[PDB]
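Structure follows of mycophenolic acid associated with inosine-5'-monophosphate dehydrogenase.
Each chain gets a letter, A, B and so on, in the order its sequence line appears, and its residues count up from 1. First listed ligand is number 1; within each ligand, the first listed atom is number 1. Computed over heavy atoms, backbone and side chain alike; hydrogens, waters and symmetry mates excluded.
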4 protein chains.
Amino acid sequence: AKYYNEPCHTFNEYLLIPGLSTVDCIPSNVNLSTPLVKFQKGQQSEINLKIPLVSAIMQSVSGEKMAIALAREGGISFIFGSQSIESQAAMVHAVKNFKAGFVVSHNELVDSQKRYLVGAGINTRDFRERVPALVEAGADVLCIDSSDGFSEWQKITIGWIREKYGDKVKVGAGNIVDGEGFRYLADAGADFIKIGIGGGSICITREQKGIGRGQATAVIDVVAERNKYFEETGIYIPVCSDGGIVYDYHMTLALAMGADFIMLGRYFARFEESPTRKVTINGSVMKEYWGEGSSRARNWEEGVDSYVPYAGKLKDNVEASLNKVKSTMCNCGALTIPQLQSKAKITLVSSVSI
Amino acid sequence: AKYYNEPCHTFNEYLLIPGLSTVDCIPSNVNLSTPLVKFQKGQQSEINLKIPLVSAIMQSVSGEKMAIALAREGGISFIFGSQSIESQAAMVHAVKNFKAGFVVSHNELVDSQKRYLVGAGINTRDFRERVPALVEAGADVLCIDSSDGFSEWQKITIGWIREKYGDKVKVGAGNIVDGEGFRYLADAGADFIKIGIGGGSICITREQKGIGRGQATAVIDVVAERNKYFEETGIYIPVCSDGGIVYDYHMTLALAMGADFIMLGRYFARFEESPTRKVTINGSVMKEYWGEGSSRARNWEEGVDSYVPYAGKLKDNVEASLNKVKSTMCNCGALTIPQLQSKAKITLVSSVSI
Amino acid sequence: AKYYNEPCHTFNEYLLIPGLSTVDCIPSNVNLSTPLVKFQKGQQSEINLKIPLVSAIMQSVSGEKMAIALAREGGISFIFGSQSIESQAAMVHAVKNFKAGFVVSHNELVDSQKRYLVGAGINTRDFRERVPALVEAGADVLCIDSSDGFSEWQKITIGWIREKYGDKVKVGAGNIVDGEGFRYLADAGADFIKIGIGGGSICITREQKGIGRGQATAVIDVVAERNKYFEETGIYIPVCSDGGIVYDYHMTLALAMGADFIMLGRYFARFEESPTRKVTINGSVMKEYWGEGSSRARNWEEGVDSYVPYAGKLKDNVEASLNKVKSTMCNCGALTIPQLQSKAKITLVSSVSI
Amino acid sequence: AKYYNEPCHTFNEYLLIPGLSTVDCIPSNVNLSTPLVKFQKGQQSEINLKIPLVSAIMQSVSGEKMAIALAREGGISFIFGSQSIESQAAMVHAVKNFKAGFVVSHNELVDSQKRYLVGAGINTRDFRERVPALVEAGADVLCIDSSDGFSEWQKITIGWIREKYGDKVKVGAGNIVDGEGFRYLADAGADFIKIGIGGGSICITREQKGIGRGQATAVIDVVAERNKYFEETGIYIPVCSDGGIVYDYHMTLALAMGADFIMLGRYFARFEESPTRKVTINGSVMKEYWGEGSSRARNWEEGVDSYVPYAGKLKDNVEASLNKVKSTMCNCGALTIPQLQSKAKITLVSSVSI
Ligand SMILES: COc1c(C)c2c(c(O)c1C/C=C(\C)CCC(=O)O)C(=O)OC2
Ligand SMILES: COc1c(C)c2c(c(O)c1C/C=C(\C)CCC(=O)O)C(=O)OC2
Ligand SMILES: COc1c(C)c2c(c(O)c1C/C=C(\C)CCC(=O)O)C(=O)OC2
Ligand SMILES: COc1c(C)c2c(c(O)c1C/C=C(\C)CCC(=O)O)C(=O)OC2
Ligand SMILES: O=c1[nH]cnc2c1ncn2[C@@H]1O[C@H](COP(=O)(O)O)[C@@H](O)[C@H]1O
Ligand SMILES: O=c1[nH]cnc2c1ncn2[C@@H]1O[C@H](COP(=O)(O)O)[C@@H](O)[C@H]1O
Ligand SMILES: O=c1[nH]cnc2c1ncn2[C@@H]1O[C@H](COP(=O)(O)O)[C@@H](O)[C@H]1O
Ligand SMILES: O=c1[nH]cnc2c1ncn2[C@@H]1O[C@H](COP(=O)(O)O)[C@@H](O)[C@H]1O
Ligand SMILES: [K+]
Ligand SMILES: [K+]
Ligand SMILES: [K+]
Ligand SMILES: [K+]
């Protein structure tokens, strides 16, 4: 067996040490643009998010309304794939054609036709039928959804997409937690790679499957491999820190450690736009939230079902969260995510102080 | 005094990092066969379990019914030796002759005569009389039961067995927690060595005797010594991780760290087949469970007596546990235990994340 | 990104190991004098506190009465700047002219005219108007108050002061937590540098902003840079450990680690002289205490409002605290703060023992 | 300031790993004799305890009855010195002349006249008068009682004793927690050195004074210095682990780490023979226990007053404790304390497993 020198850590175990803040760095001047899909050295990504936040590929998070609301603020949602091909394609189509008027019976993220961008999750099983349907519906990007992306099944899925669509259809893959996993999916052709196993808030109320790694350590390790890969091939593959974001400052940390964007479930589940029921229990307005591994999810094993405090509209909450991220970025002397990734000073905190 | 560079750790402090999962690895194709007794390089063990689980040498765990139920699923039970020679021999005989019809007044683990295999615990005191009786009764393997197997008494016991039966009678020894202890029992002639002191769940409700070591560290250290021993002598001695299994994923970890099989007490005590009373307390069906060191056990000092939640039939529970182990093995890219031991990537987790 | 070899620690994680105590070291012979502003090798600071304690630049701590009471015991207060220029200048003037008799409508810290010394906090925004007013009022020293002093805004503020007053007006700067930050403010011209971000007791009831560092690690790191700076330039810049003092022995630790003086908020908020209301809740006399980042403070975001147990007069409490500090200093073989900083033996304690 | 590479640890953070147990090692054959005062290489100590336990120099622990009861079992008590010279001398005399019949108005520890041995605590202040009185009363050994023995006052006290009595009067000194402190008292002439600051159970209900060190680390460090000192001078100075013994196995650990004997307060306070009142609170028989630093103690600052569960007669409790120590010693392959100190394998345990 192979062992490691240091134990893995979570975001709660880190803090940022300030760098030189210039008179020109104020929250409003901070640019949160970030690449979504791979590109070559010197190029720009074909798809750039205006804010580094994407909603989780979950039934209780990314429905049509969430996708529209998030795209309006500059991010993108990945419509859940744990539903019928027809049902998921309908949501994608609804998002792509939302601005239409008569239909035959500032930071918005849109395509060349001013239509909101939207992503869609796929699986390694029915892709031969699901992918064409999502492509037809107008999906802007796809992502293989899995608890263990270090699999030949993902390579096969990406291969089929490349053979049928070449590099015209974008597809992310995951999840992985180390350089080996990243490298495998990179060579397989993934446009972006998702990082994270066992770090989601859903795991708080469930038992360990035995596989996983502290989210912070996973991002740091994968990012190092991604940078090495860039140096060897000239190909820059964006990576996504998926899960484990508990507080707003965790967002800044994930980005500082090298993640290009962040995927969140619980964070968005709390909003009015999530596709779940708003329930009031003893004066407390809550929203439903369950894992994709729960029996409640897959039936169209693991299992986690819970409630999250209602937070209102997505817009006001994201604005507040990102204002804090931008302010912290200025503390670190960064006006952009790439500058933050270059200048960030990250310290581990003692367990005693926690 | 001799000190160590790193502190010892328990199973809860580890997680497995996924490896490449091939299209051919599905739970049903995973082989959990494993050697029980020592053999030379290139040989196969004379006794191979079909599943890597054996029940503890305890009054509250391994009785006749447990032995039959576990053997039926591919494992083996070690009938407790903390009872009269006559009483223990009777249980062994009952297991060996269970399939008999008229008696004169798929994954089953059996001998050449299709009789379920069964083991029996012995002590370093009355072995001259207990061993012959167990051999006559048909015991397939014996194991010296002790909290500290690094003892001349164990060497003497194994020696007497070798002098009387040669290598025709198999006998495990233990418990030890480091290379020195392993080496001593290996040179003494033990067929398999049990690892673990102070890691049993029984210790949760009792005070430390002062001796012990984190179960994970103990297995890792002993396994390293065992592999070194194999390289020097060509003799492969199976080792058993005894105690400390709290969750199913701990089983996968123990195996990944090098243990050939696992001994459990609490896990099996919960089943209908354990020899203890099923008691209902306030709507909760429980089963009794007490340590062999408790005054309640030895009287035919330490002391631990408690209850464990009823889990029903052994069969359904083991199937569920092993299905999870096999699934995790596929995440790690392993179709067998030896392949897992070779490919496993094991990371320590921070105390903060725990 | 830049990472660190060791995690940061708080004061609770340290203890002092005794050194040789001489017959001449008794609490009463211990000298707690300490420099407040920078000086060259071989010189004495133009301003020396008689005790190493200064009260925080907070609305709920440093008002006129606090400033008089603390100066009487040998320390100095920094009148809060989160109020109108006119209001703050009035408090400064009131302190400077407290001993006056007819006014036209042993360890005391005083100026050449026997007037109590007093400091005043300033900000990087209205200094062009606030500074002249404070200077006119008689402020003896100023200090830029900020959660992140590693800023060009602080350099600009110090620059303006130097251009207008040369080295005749003393001004501290902060806060910083590492050598880089210290170095920046040192080169900018600061007379003393304050250390500490996120370590204040106020943070106990609030969420992390994402920036910070264990107070002990921050002091140790900054002190090392300060000593290096002294060796390179011959300039000795006093540093202040700001926040995180929970127990009296933390004072001794901060000083032993190299801090010349200590800034405290909660400690002084408990006294009769703090400018907040004394409220009795269920038989418990308390005093109000809120952070400068709370909405309650700035309105003339973050937010922390709470109560601290009443402790009575500042005099008796400081005497008791310092008697303990002096006794511990004698345990360490030190009769002065500089001797303590040279002889102190500081050990980290295990999280288990905590 | 001077810092250390590793944090200090307590006894709870350690466990012993078994060594080879020989057929000749059974509890009854284990010899717990141990030296009390210094001797040269090749010699035997002039005073050897029959068991390695001594009672604390406390008002609530070591009175006349305790001294007699402990001496009867082979240990020695140090009559508290926090009382009048006349009062303390009376207790010493009472112990020395307990076996007398008409008075003019197996493992027992005795002198050449069959009189129970007894020690007495002294202070660095009134020794010129207290020492002669204790010597006259028949005290067999003295010990300077202090929270910080790294003091010129202790050197002066030992010096006065040597000048007046030469090496005919034995006197221990302490407390210290590192090699420097040990070395100072060794060169000063101490017959034995006590280790421990802040590790006593009394500290559980009180605030840190700021000085101290984990008890285990303190013993290990001092023992290393003591062994180095022995190699350089040929003088063997016994050391005493004072305080921090919570469980019986802590005794074995302290001895294994190199301490020759152990001083305990709480342990003995629970017995019928302690000089405090036996009080029954709600069906629970308790005994009083307070620190020597409490105002309740010195008045003939710190302060700790509490209750300990009644345990009955000293005899039965010590026998049980030592039976466990001896059994563990056999697990480690040791028949004597020196053999244990040579063969012991000591591992640190993870904070997670604790
Ligand atoms: C696929 O969605 C996830 C993801 C992305 C992760 C985890 C997880 O449990 C599930 C649900 C698990 C499901 C639906 C079972 C199928 C599978 O195994 O893919 C996790 O632990 O890390 C990441
Ligand atoms: C023998 O069964 C065990 C085993 C295997 C272990 C422990 C233990 O306490 C007992 C009971 C202890 C008994 C019956 C006393 C006799 C003895 O000492 O063997 C333990 O701590 O690690 C392993
Ligand atoms: C300025 O007073 C402080 C200081 C000294 C510190 C912190 C802090 O939050 C505030 C209040 C924050 C305010 C008033 C907002 C403006 C600003 O950012 O300066 C902290 O975390 O470390 C040190
Ligand atoms: C002297 O008895 C002790 C000892 C041995 C220790 C401590 C302690 O507090 C006291 C009481 C402290 C007193 C009576 C005040 C005088 C003094 O300082 O000696 C401790 O922390 O480690 C060891
Ligand atoms: O059932 C589940 N168990 C564990 N993780 C899950 C499950 N369902 C989704 N996830 C992961 O958890 C992420 C959300 O983490 P969260 O933002 O902390 O709530 C998702 O994007 C997935 O990667
Ligand atoms: O009384 C006891 N004290 C400590 N360990 C015990 C005792 N009795 C049995 N054991 C050990 O605990 C193991 C069971 O651990 P468990 O599976 O965690 O319950 C047994 O196989 C023994 O090795
Ligand atoms: O609102 C706030 N949030 C965090 N820190 C604050 C705030 N206001 C003041 N502080 C810091 O906390 C210090 C006081 O720490 P305290 O002595 O532990 O209460 C001040 O001197 C500031 O440096
Ligand atoms: O007031 C006190 N404070 C701290 N330690 C004390 C005090 N009085 C005695 N001690 C120490 O505590 C030891 C007893 O530790 P205990 O056996 O854990 O109760 C004594 O022998 C002293 O060294
Ligand atoms: K900054
Ligand atoms: K895999
Ligand atoms: K000292
Ligand atoms: K042994």
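Across the structure, mycophenolic acid can be traced to ligands 1, 2, 3 and 4.
By chain letter, those with a heavy atom nearer than 4.0 Å to mycophenolic acid (ligand 4) are D. For mycophenolic acid (ligand 4), the heavy-atom contacts closer than 4.0 Å come from D/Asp145, D/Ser146, D/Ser147, D/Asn175, D/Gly196, D/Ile197, D/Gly198, D/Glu292, D/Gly293, D/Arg298, D/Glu302.
In this structure, atom 2 (O) of mycophenolic acid (ligand 4) lies nearest to the protein heavy atom D/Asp145 OD1, 3.4 Å. Polar contact check, D/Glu302 against mycophenolic acid (ligand 4): a nitrogen or oxygen pair lies under 3.5 Å apart. Here is the list of mycophenolic acid (ligand 4) atoms found below 4.0 Å of a heavy atom in D/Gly198: 20 (C), 21 (O), 22 (O). Backbone and side-chain nitrogen or oxygen atoms of D/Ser147 are examined, and one is located within less than 3.5 angstrom of a nitrogen or oxygen of mycophenolic acid (ligand 4).
The protein non-hydrogen atom at the shortest distance from atom 14 (C) of mycophenolic acid (ligand 4) is D/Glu292 O, 3.1 Å. What sits closest to atom 23 (C) of mycophenolic acid (ligand 4) on the protein, heavy atoms only, is D/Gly196 O, 3.3 Å.
Listed by number with element, the atoms of mycophenolic acid (ligand 4) under 4.0 Å from a non-hydrogen atom of D/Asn175 are 23 (C). Residues flagged by UniProt as binding IMP in chain D that sit under 4.0 Å from mycophenolic acid (ligand 4) (heavy atoms): D/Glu292, D/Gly293, D/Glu302. Judged by heavy-atom distance, the UniProt NAD(+)-binding residues in chain D that approach mycophenolic acid (ligand 4) within 4.0 Å amount to D/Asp145, D/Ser146, D/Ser147, D/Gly196, D/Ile197, D/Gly198. Of all protein heavy atoms, the one closest to atom 16 (C) of mycophenolic acid (ligand 4) is D/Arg298 NH1, 4.3 Å.
When only non-hydrogen protein atoms are considered, atom 11 (C) of mycophenolic acid (ligand 4) lies nearest to D/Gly293 N, 3.6 Å.
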